[PDB]
Amino acid sequence: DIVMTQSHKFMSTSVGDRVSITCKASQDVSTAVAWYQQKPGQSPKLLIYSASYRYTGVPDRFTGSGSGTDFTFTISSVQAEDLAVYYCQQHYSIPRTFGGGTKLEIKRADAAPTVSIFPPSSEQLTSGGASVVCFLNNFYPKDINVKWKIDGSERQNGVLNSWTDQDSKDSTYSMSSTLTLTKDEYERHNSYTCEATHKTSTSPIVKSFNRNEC
Amino acid sequence: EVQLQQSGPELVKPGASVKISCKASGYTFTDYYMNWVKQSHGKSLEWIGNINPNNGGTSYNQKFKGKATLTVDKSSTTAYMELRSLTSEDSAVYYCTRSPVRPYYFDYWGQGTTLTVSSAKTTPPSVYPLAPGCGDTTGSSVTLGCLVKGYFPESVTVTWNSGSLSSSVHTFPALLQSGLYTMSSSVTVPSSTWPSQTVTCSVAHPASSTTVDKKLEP
Amino acid sequence: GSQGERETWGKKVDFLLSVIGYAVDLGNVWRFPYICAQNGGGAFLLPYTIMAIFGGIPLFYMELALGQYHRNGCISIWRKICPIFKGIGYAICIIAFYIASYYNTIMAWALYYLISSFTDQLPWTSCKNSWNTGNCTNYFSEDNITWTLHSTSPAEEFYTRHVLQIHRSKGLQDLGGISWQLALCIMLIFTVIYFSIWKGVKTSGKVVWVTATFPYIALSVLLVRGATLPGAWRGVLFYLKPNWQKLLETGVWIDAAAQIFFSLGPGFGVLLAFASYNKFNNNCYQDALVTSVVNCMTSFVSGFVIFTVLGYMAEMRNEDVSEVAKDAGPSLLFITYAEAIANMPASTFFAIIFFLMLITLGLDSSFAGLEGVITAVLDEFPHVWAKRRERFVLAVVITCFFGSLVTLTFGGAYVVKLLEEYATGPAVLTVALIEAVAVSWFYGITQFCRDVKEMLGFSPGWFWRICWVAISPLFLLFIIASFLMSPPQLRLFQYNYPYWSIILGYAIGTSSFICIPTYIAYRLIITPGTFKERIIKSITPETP
Ligand SMILES: CC(C)CCC[C@@H](C)[C@H]1CC[C@H]2[C@@H]3CC=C4C[C@@H](O)CC[C@]4(C)[C@H]3CC[C@]12C
Ligand SMILES: CN[C@H]1CC[C@@H](c2ccc(Cl)c(Cl)c2)c2ccccc21
Ligand SMILES: *[C@@H]1O[C@H](CO)[C@@H](O)[C@H](O)[C@H]1NC(C)=O
Ligand SMILES: *[C@@H]1O[C@H](CO)[C@@H](O)[C@H](O)[C@H]1NC(C)=O
Ligand SMILES: [Cl-]
Ligand code: NA
Ligand code: NA
């Protein structure tokens, strides 16, 4: 069989820069390499076939080069909607194999994470539970600290951090910190507070609310 | 134009079998090879095998010999793939993709089929609204959201007012714990449409076929 | 008086090239490269020689010795050894007729391709012809083309729809009628063999000079041509890449044994007849040794001649020579290789010499093919025959033409497969086993070593005695049992043969050797007295 090796699992680039992804094959391939684009949540889409040739319905900014074992997929002007995982695949010998995949992440300027805390709704108090939610929207980069505070004490149990994939419009990450608690414990504390530490500013953003019917 | 419509998600117990369809349209069905590519969660693409629609000329991979069985129907231009002896590794997203004979590229793909091989019971999602407090300062934009707790498998869809509008909706990936998933969604809408108009989040669960709609109330 | 002694050959080199020319044929050129490529690659060289050293060479030498010692035909030689096995001499005859029913028609195709290779623009290059369909897509056309399940190439179209004309038949069921072009071609071939056989070994010994030396020249030209083609290393890599795990499969050994048996061709009566016309004190050991070792070497270089061109073809397309060399039949030569030649400079030249090479590959072998039978019949019915040789040779050539009319049909290629794989093979292997047993276990191997010791002056080594006693009969037995245990499922040109095809193959197969058991019963039922006395007077040779 054939082993299509993509050494760089992740590559960083900016909007407008020239980015090139490499693909290493096992044996000599001549000009039998296809490049597919898979956006997060969509099916793969064929972009290049036979090393350099573009498929119908593919912008001119996507090119291809190489002749032998090492091949290169080049993007001239990177757009915000070009955020996807790129795969290379040989199409000469049976079976047809694929590469590891190179998730092309977009590098941009820093953004302040809008933090928004939310009290457990009445439908959940009716069911018998209460989860305080802390949303962190529109920031960059991905690295960001989230600290919880029930009543001034750093709460650490029952916290789940969920990072989304990068955005395809403004290239800003978003995450959700969840503090899941019981109703009995929720009705014994009043003002919850979640704070977030990012690199945009040294002072962590602090959000607080009261249980007494807001 | 060229459309390949597969079947919906499937939740099956380990050891059973599952068949996935692939309805083709927009091209001469008897002209192109029909292929099946397996994509694992977080892994790369993995070509399973192809089939010639004219006579059912299958060509499997040595790694899938005896694992997958490809069939085809010319009367309705629809391909099928059956998987037996299902394990945890088979829980992945499967595609069916069109391909010529030479050069052997995959020009058109299907939307995919989320397969979950587990014995966990199909749990209906608990939809709890995540409304901003009544003591917050209404600025130029308010951030709303809805919460989905406890469901299996990863088959859930959270929409906002029938998809209008959703120019600021952030959906957070589901997290698995104690055999049940939990996710959340949010939406940033201006202060000149809330709480004046009606903003309602819809939570659909195709695995349990349960659609619960909850309206946000401050 | 009258005849008395028989004639003898005109020169050592003539018989040395006659046997080499008979041994080398189409299969040496294309069957050995394919079977070597798909069964371990270069590692197929290892069992191919073992089946030669232990199986092929002993049968070749033992047949050439018996032939040069007894100087009798394929039929009359059994009267002087084991009369009950005289039916063998008849069986082979029938066998030959089946082979001659198709082996020439193949050449006919090449001939029809050769007479079609004199144009400045080769017919199988463009699609604007009278036989191409709307699926025909060729090169020197708009680039970007993508092949479709229904798309076809001008070469495949030219073979399928013009010369072979196989689209006009639905299979073995409906194959008529006959193509007059290939009938005239096979008539020209039966004429070029007529004037090369009718005079006896004199013309087949003068014509062999050309028929046996031309293929090496043509192979040389194609070799130095294909080595210069870009990307030809891929075909050589696929030809010689060792895959030793294939050697673990018990199948590749059977493939090698069968391949070296036909290619060597013992047991057919050709070597018997060719050896019959020679000096009694002439050496046989060196002759057999050299000829066989050349026959193998020639196959070995032919492998390069094919795979360099197929490597270039994989470079022009997209690699994995196995993909471009999937079909193991005449299509590998008449379509693939031809399409590769058409895209080269001096295409007319390499086409003329290629098809001419094919014809010259075939001619020497059918020369011999008929020579053995003619010798057998003339030696079995003396003075009732030999009144003229041209009469019998004509009756055979004509008989082969009428026997080839079934193959000259539109679905003639279907019949070719049926005849080539289900009929001749298992019967030739069977009669070869019977002959090897009769000479080794009935006439006596000690007396055989005494006859060689009389002719050559020295008794054969223990390696050969132990080969004839046990190694060779088990060598044929393995192939026969392997075939009979699982006959291959026949398929040709997207057409699977019906399930009853094997019955037809066995009918053709069984109708060939009905004479050996019915002749054993005939002589056993004609000779009076007890069955022990009849089989004792039937197994022991005539005393005077
Ligand atoms: C040469 C002679 C002795 C061989 C005869 C053997 C007979 C029994 C064999 C030879 C050819 C065979 C036939 C080949 C063709 C067909 C047509 C098919 O639609 C039904 C099977 C049928 C009818 C086969 C039946 C069996 C068959 C008739
Ligand atoms: C015997 N070895 C070659 C010689 C030519 C050819 C052949 C063999 C015997 C004969 Cl009577 C004829 Cl006319 C032609 C042949 C056919 C099938 C397998 C091998 C062979
Ligand atoms: C090649 O062929 C396809 C037809 O399937 C066509 O649509 C495409 O435009 C052609 N050219 C390229 C550069 O892909
Ligand atoms: C092309 O071939 C297909 C079958 O291979 C056939 O059905 C079709 O009619 C052919 N096209 C033309 C124009 O003859
Ligand atoms: Cl050989
Ligand atoms: Na041979
Ligand atoms: Na020959």
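Proteins come first, then strands; the chains are lettered A, B, ... in the order of their sequence lines, and each starts at number 1. Whatever order the structure lists ligands and atoms in, that order sets their numbers, starting from 1. Reckoned from all heavy atoms, side chains included, excluding hydrogens, waters and symmetry mates. Per the header of the entry, the method used was X-ray crystallography, 4.0 Å.
- The drug occupying ligand 2 is sertraline.
- Most-contacted chain for sertraline (ligand 2) in this structure, per UniProt: Sodium-dependent serotonin transporter.
- At a heavy-atom cut-off of 4.0 Å, other chains contacting sertraline (ligand 2): C.
- Segment by segment, following UniProt's transmembrane list for chain C from the N terminus, the ones with a heavy atom under 4.0 Å from sertraline (ligand 2) are 1, 3, 6, 8.
- The deposit names the source of chain C as Homo sapiens.
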